[PDB]
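Step one of this worksheet: look at the structure below.
In the text below, chain A, chain B and the rest are named by the order of the sequence lines, each starting its count at 1.
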Amino acid sequence: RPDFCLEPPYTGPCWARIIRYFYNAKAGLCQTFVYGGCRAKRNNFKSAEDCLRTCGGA
Amino acid sequence: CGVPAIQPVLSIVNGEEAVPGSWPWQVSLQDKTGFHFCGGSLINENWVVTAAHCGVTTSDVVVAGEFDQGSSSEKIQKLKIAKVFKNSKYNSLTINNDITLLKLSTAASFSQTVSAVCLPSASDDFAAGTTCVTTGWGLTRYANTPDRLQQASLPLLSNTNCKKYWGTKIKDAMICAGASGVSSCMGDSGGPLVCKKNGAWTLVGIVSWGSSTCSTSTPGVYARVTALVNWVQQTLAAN
């Protein structure tokens, strides 16, 4: 799986409160986190499904 | 516009609870489940101005006349969004031109707690040091959002002073304010930064970005409405 899947979630500098998903390698599942709205890193998905299909098993 | 039926009491991290309904143009942008993700400002009965990075869609809703998001009995107006007009010049890399207009499916019913903020003229000059106000339901500590609407008085900063911290990240459609003991924060984006123009509260900025920890000693950055208002007027006129 891509290495970006191992990066911690990144909220960014913008001040929105948008729910996104990131893969948590420690637990093996995608979890929710608050995204600020801009400059998203790659371990940031709009759905748990997209996240699992891209990072599952990393 | 710009004249609340209920006057606010002056004197977001380190801000203060607002008088219920004293910022009648403040709206809460929520998803279909009621989750607040951004703020916004009513500019008339059919349009709301917010930030482009909020990524609003027609599935989201505009909640007007709200004060306590934790109150199920509080009377509010849940308004559907007919169309979203994101400024095509919004730069997703620099965050410049961070503004979006929302056209409501059904007009908002103006009242003592729901009305519009005034828009500035492209040529208006709000001097640095001018004390303005920003409002919203963003975090009060860098964590869940406060139930009741918050407010904070803060000074506008000159581009030169803002750049002393942010350098070249400050673009022409941005205006800074804060670094004075208060700070906008997660959940405040899209909300208003208003200053008085002939006594009427006028939209000078739209909460955009800043310190990643909402530091109160760092300049907050807002979309500069004077640099984007012509786009606003043009969009309304064509729709």
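Looking at chain A, the drug there is aprotinin. The chain with the most heavy-atom contacts to aprotinin in this structure is named in the PDB entry as Chymotrypsin A.
Chain B: most residues in contact with aprotinin are in UniProt domain Peptidase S1. Among all UniProt-designated active-site residues of chain B, the one at the smallest non-hydrogen distance from aprotinin, rounded to 1 Å, is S189(B), 3 Å. In the entry, the organism recorded for chain B is Bos taurus.
Counting heavy atoms under 4.5 Å, the binding site of aprotinin comprises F35(B), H36(B), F37(B), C38(B), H53(B), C54(B), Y90(B), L93(B), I95(B), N144(B), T145(B), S183(B), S184(B), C185(B), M186(B), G187(B), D188(B), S189(B), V207(B), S208(B), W209(B), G210(B), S211(B), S212(B), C214(B), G220(B), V221(B). Within 4.5 Å of chain B, heavy atom to heavy atom, lie these residues of aprotinin: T11(A), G12(A), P13(A), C14(A), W15(A), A16(A), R17(A), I18(A), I19(A), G36(A), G37(A), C38(A), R39(A).
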